[PDB]
Each structure stands twice: as C-alpha cells, then as structure tokens.
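Record below includes liothyronine.
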Amino acid sequence: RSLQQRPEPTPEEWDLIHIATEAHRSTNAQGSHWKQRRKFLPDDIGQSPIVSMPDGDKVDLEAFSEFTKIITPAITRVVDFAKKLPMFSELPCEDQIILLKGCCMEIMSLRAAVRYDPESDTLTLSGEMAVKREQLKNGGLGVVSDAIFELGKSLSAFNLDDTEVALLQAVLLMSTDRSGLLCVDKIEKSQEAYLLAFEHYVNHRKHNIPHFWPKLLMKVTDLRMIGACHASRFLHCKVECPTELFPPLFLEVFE
Ligand SMILES: N[C@@H](Cc1cc(I)c(Oc2ccc(O)c(I)c2)c(I)c1)C(=O)O
C-alpha cells in the first residue's frame with residue numbers, strides 16, 4: 001500500500017470505503033440487474049410540452065406525472081444512503097435536513113447518469129424506467145436533462161464501480177456550501193476524509209485514462225451545477241403549476 005507509485009487507501013479509509021459502498025449498494029435500485037428489469041417510457045409520452053416556463057422550454061404534464069409518480073421512493077433511497085453513513089447520522093437533524101436538500105438532485109442525477117445506455121441512447125430512472133433525451137427534458141427538467149445526458153455519456157469512459165459512486169455521493173452529501181449549518185467544521189473534516197479516501201481508491205483502481213482524479217473532480221462540479229439549475233427550475237414549476245401535482249416529499253426536499 002502506497003505500493004505501485006500512488007498512495008493506497010489507509011486501513012482507516014478501507015473501513016470508510018466499505019461502509020460507504022455498502023450504504024450505496026443497499027440503497028441503489030435494482031443493483032446489477034437494471035438492464036433486464038427496465039421498461040422504456042412509452043414513445044407517445046414526452047412529446048407534448050405545453051405548460052410555459054420562464055426560460056421558454058415548456059412542460060408536458062403527462063410526462064411530469066410519470067417522473068413524479070416514482071420520485072418519492074428515489075428521494076427516499078438517498079435519505080437512506082445518508083443515514084448509513086456514521087458521520088451523517090451523528091449530526092443534528094437540522095444539519096441532516098439541510099445537507100439532503102443540498103445534494104438530493106446531485107445524487108439522483110449521478111445515479112441516473114451511471115446508467116446511461118449508449119446503444120439505445122437512454123438514462124435509466126430508478127433502474128426501472130428507460131427514458132430518452134426528449135421525454136426527460138419535456139417532463140420538467142428542460143436543459144438539466146441535456147446536462148445529465150452529457151454527464152452520463154462522458155462517464156462511460158470512466159468505468160466507475162460502486163465504490164467510486166458511493167464516495168462521489170458521500171462527497172456530494174458532506175458539503176459545506178449550504179446556508180444554516182451548525183456543525184460546519186465536523187462536516188468539512190468529514191468531507192476531507194472522504195475526498196482523501198476517494199482519491200486513494202482511484203489510485204488503487206488504476207484507471208486507463210490519464211489525469212483521472214481531476215477529471216473526476218470536475219464531474220463533481222458538473223453535478224453541483226445540475227443541482228443548482230434544478231433548484232432554479234423547480235422554483236419556476238412551483239409558480240406555474242398547482243401543489244396537487246407535486247408529491248409531498250418532492251415539495252419537502254426542493255421547496
Ligand atoms: N435514477 C435515479 C432516480 C431518479 C429519478 C427521477 I423521477 C429522475 O428524474 C427527475 C428528478 C427530478 C425532477 O424534478 C424531475 I421532473 C425528475 C432522476 I435525473 C433520477 C436513481 O437510480 O435513484
């Protein structure tokens with residue numbers, strides 16, 4: 001360890017890595033059998049954008065409905081992921097709440113993006129619903145969909161395993177650029193530990209791409225950006241459409 005040229009995970013990092021990975025696996029829909037269980041979203045759904053949005057990319061109500069009918073269990077599984085992480089569970093529940101809201105979209109988007117299928121040109125939502133670029137964009141997301149598609153297409157070269165996704169999620173979670181946090185230092189400290197463990201795991205993996213780590217960290221920024229666009233776009237939807245169309249937990253996370 002450190003053994004070939006680049007530092008390997010420490011024993012303490014191996015532990016943190018194992019805990020994060022299992023946290024992700026146990027909360028990640030349809031594990032390694034998503035390619036056989038997924039049903040495509042019918043091609044007549046997603047083609048009819050008619051509710052206006054401030055930026056001019058309209059919303060298709062039927063598609064919004066399809067995506068939001070399945071969103072609660074998806075958000076629920078991100079809450080579940082976070083809770084299996086000891087540095088998350090031991091925070092005040094105020095802090096817990098703020099962190100989940102700050103990273104929910106980021107983690108859900110990542111999870112869809114790692115399930116980008118090149119041959120059909122689709123993302124898989126919750127390991128069960130394979131969607132095209134147009135359907136997802138028209139259903140609410142607008143250009144955020146082009147962003148997750150663009151991220152998913154570029155990640156196929158990266159060959160991320162379950163651990164790098166889990167650690168990516170954990171770094172997205174433990175982030176201090178949110179308003180209203182109590183335990184700011186404990187969070188930074190916990191993020192730093194994941195980042196280092198992450199880096200050293202990437203070292204252990206020996207990817208065939210040069211400069212893998214900074215390339216990966218740049219994919220982090222893309223997610224945060226996807227996250228911030230969605231929070232802008234969510235706010236506009238809440239303005240255009242009635243409450244009744246939004247599942248209580250969807251509202252609770254993004255409102
Ligand atoms: N693929 C994920 C779950 C996941 C689910 C859904 I519904 C998604 O579409 C969204 C999200 C937000 C919105 O505001 C709208 I409208 C749509 C995405 I991107 C991801 C997983 O495996 O957990």
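In this chain, residues are counted from 1 in sequence order. Every heavy atom of this structure was used, including side-chain atoms; hydrogens, water molecules and symmetry mates were not. Counting starts at 1 for both ligands and their atoms, in listed order. So this one's X-ray crystallography, 2.3 Å, going by the header.
Of the chains in this structure, the chief binding partner of liothyronine is, as the PDB entry puts it, THRA protein. Applying a cut-off of 4.0 Å to heavy atoms, one finds the binding site of liothyronine to be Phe67, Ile70, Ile71, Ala74, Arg77, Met105, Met108, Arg111, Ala112, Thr124, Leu125, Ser126, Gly139, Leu141, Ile148, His230, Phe250.
Scanning all protein heavy atoms for the shortest distance to atom 15 (C) of liothyronine gives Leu141 CD2, 3.7 Å. Of all atoms in liothyronine, numbered sequentially from 1 with element shown, those under 4.0 Å from a heavy atom of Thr124 are 1 (N).
Residue, atom and distance of the protein heavy atom nearest to atom 7 (I) of liothyronine are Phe67 O, 3.1 Å. In terms of protein heavy-atom proximity, atom 12 (C) of liothyronine is closest to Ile71 CD1, 3.6 Å.
Liothyronine has an N or O atom lying under 3.5 Å from an N or O atom of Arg77, backbone or side chain. Counting only heavy atoms of the protein, atom 6 (C) of liothyronine lies nearest to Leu125 CD1, 3.9 Å. Protein heavy atom at the shortest distance from atom 16 (I) of liothyronine is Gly139 O, 3.5 Å. Distances below 4.0 Å separate heavy atoms of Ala74 from the following atoms of liothyronine: 3 (C). In summary, the atoms of liothyronine found under 4.0 Å from a heavy atom of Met105, numbered by their order in the structure, are 11 (C), 12 (C), 19 (I). Listed by atom number, the atoms of liothyronine under 4.0 Å from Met108 heavy atoms are 1 (N), 2 (C), 20 (C). Regarding atom 14 (O) of liothyronine, its nearest protein heavy-atom neighbour is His230 CE1, 2.7 Å.
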